[PDB]
Amino acid sequence: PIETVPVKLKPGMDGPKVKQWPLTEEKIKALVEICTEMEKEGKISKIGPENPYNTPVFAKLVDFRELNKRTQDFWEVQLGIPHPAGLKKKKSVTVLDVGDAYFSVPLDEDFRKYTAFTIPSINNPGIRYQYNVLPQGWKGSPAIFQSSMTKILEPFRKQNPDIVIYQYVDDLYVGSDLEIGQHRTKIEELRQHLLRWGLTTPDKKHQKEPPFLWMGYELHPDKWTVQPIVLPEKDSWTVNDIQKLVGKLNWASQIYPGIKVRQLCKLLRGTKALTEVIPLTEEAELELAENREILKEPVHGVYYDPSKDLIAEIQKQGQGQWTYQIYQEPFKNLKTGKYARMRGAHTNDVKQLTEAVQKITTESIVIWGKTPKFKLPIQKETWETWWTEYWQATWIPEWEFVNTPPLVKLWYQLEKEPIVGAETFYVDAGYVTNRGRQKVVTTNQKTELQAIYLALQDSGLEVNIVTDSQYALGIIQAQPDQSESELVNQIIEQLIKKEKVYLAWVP
Amino acid sequence: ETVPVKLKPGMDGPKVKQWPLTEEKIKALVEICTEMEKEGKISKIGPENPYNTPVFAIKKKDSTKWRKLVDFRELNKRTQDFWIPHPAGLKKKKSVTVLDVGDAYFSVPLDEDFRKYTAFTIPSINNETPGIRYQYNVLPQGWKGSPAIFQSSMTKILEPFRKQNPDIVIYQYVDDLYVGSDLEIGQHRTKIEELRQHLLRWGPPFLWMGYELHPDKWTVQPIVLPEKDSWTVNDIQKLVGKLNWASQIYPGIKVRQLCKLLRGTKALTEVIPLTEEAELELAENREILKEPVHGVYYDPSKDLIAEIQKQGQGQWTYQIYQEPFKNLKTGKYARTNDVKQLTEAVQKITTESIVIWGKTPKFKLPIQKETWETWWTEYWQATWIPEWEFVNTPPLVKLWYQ
Ligand SMILES: Cc1ccnc2c1NC(=O)c1cccnc1N2C1CC1
């Protein structure tokens, strides 16, 4: 019937030789009825004492741990899964359950001898068998089956370029844009194509109907969403509850715009046990309530229409927080999202926004096979200035400035040349200015930034600063506007305050 | 009838992740692979094959078509060494044209048992479908085994031109053929075109548009010092710092007299007329930097490393060495956008690396993986793929170059 896939054991390894655990006469009974029905259907066949391999059977379950450890590797079952926002709308979508998946697919003739197992006798031998098909629980079954499935489908597919089929382990999602009756016709046409291969499917009235809850999503043929999340109404929250809450809040962000978890997240600081109860902060309940609210109103993701453009829009939600949404028709979201990723202890919004663009870009190629046109709250001048002067290579695709505050800008800029008539501070924790002044006021690296801070404090609106620290130099030259370190942030505060600042390094 | 090839003792085949592609590139790749299959060059494969190499589709120069690039890097490292040496005359030639002789390989079957290792996958948008899988039946373009295994057949079809025109130096590296000469740029393009038919007529587009490298005109970017009217305290500080660095290379450099014009905590902008001692010390230092340090030699047994620096305004600086501070070469590259330039840089620099030493370098790129992974294939046109890693360029090193 269906082509056989050549299997082999890993190199320099012999088949399994594991002893059958002792069995109940009651259990021996049942296995023999089960293994007799199976030999009549060809799935297995009695073998002689020629075969020295054996796998454990219990009550019918065959333990293939050993054989699996010894079987070769196969190509990756379901590398990744599609994201609902990358689907094209359908009038009808039918899910086809496939029972006896493995049992209708033949096993490499030269491999069967390794699938041998034994049914113990009740009276002081026990029957010996081997598989002629793909055994449930075997390493390669899932793959050999996906692959096989694919082959069977190909035809049907070439004769119905309209229908779209997605294979998901044992399910089969079949959509189209056929008039209601027509769709059902094709579906039943498919069901037979699978029958001509001993593959069985559910009858129209036994089939699950839209929406389909999939991997945390709720799917219709025309619009999508994630399966309804309910926010608890406790008065006592455990570290665990908060983790799960944040977890779920998170998952929703891909479609529910406005979800925030910062305040809830802050609750895990210093916790000492998963069962520790943390009381909610004023800001934390305000956040929960806001979410609980946003959630109350269901929102539906819309599917992809390839004849139209992909628009990506990004907004700054807070310090280090970004939100974006991708759509084709205004506010008609295919998908939304957040980005909090801080790469490096220090950064500026310009760098961060760029990283957001990149994540979004990557994601898009994966979901739609192309990049979106971006709408960004930064002007080309601002962008260009930073790009033009940053040591790292970077690139941002087609983007259009959007006047949607907050706009990202550079809070400060280091003079490219020393300043005339601006005092000069020499720092190494203390300074010595050229005008006589001085102050000799922690990790090595943190003592360095301390100096610089001092100098900034005591200086006027213009300053020239010389330091030997290549570190601080690096830091400040990258013109961060936000930092994990408090010191820095104070320095940054200073920086923004000045009129002109020139920093220089000396050995 | 096929020659047996093997993986280095104990080694298994490649299982490299395929980087996500654009619908554009994927459609091209399907168009392509479907016709390579019809010609029995590749064959689809099953679950029993777990190996994988990444494929990409790049553009050809003045071709309407796309080229299929298979990143055989991981495989190449696991392929047995084969037992052609490099002509140091090639780098002296005036004009070197580069041809793509990759298609020659598609006429030689590949040892049935090795095939499974050439597996690659053609992804599908959003994981909506399984993903088309193939393995090569012939020698694939890009794999180190292919030139080696075709060497013989190659030398033969090239012994006539090589003796009927021994003024021409010919070097082959993977899918590429480097044709050198001293002829006039006009005499070149003609002798070149004849070789094309003498290959066609003896059963080939050229690379880098239809152009000539001019290796004879490749020089080292010596370290330079600011030459200027008056010197401020800043200028000098910048000067000493730069000098101090360069002294680890050229130990003859002295800063004593310069550091002296710097005693006292002076205003940065204060102009400092230079003394006689200072001025002549700078002169010496300047004289020293006029040429590459002596002693540096190319070791064939070591890796050729190449770091690039972003300078700005479409300007980059790079260096090729094997041992830190001991550069074998230094250059500059200027004109787009950052990425495009960095890629044209990398490629330009690999070619020379190939022409000069016949081996590609290991690059250190100032860019995030994801950004690079995303755009490189857009402007890439070479048939090979060097190795590379990603770094964080120190603001002081950029400063010390150009
Ligand atoms: C779970 C899943 C994965 C991939 N595609 C789909 C589905 N399921 C659907 O319900 C669906 C909905 C709308 C459009 N395509 C869909 N289908 C396509 C197959 C008809």
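Chain naming is simple here: A for the first sequence line, B for the second, and so on down. Chain A uses the PDB entry numbers throughout; the residues present, in order, are 4-62, 73-137, 140-443, 455-467, 472-537. Residue numbering in chain B adheres to the PDB entry, whereby the residues present occupy positions 6-88, 94-213, 225-356, 362-428 in order. Read the numbers this way: they start at 1 and go in the same order the structure lists the ligands and their atoms. Because only heavy atoms are used, hydrogens play no part in the values below, and waters and symmetry mates are left out as well, while side chains stay in.
- Among voglibose, mefenamic acid, nevirapine, the molecule seen at ligand 1 is nevirapine.
- The macromolecule with the greatest number of heavy-atom pairs within 4.5 Å of nevirapine is, in the PDB entry, named HIV-1 reverse transcriptase.
- Counting only non-hydrogen atoms, chains lying under 4.0 Å from nevirapine: A.
- Neighbouring residues of nevirapine under 4.0 Å (non-hydrogen atoms) are A/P95, A/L100, A/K101, A/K103, A/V106, A/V179, A/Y181, A/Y188, A/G190, A/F227, A/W229, A/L234, A/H235, A/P236, A/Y318.
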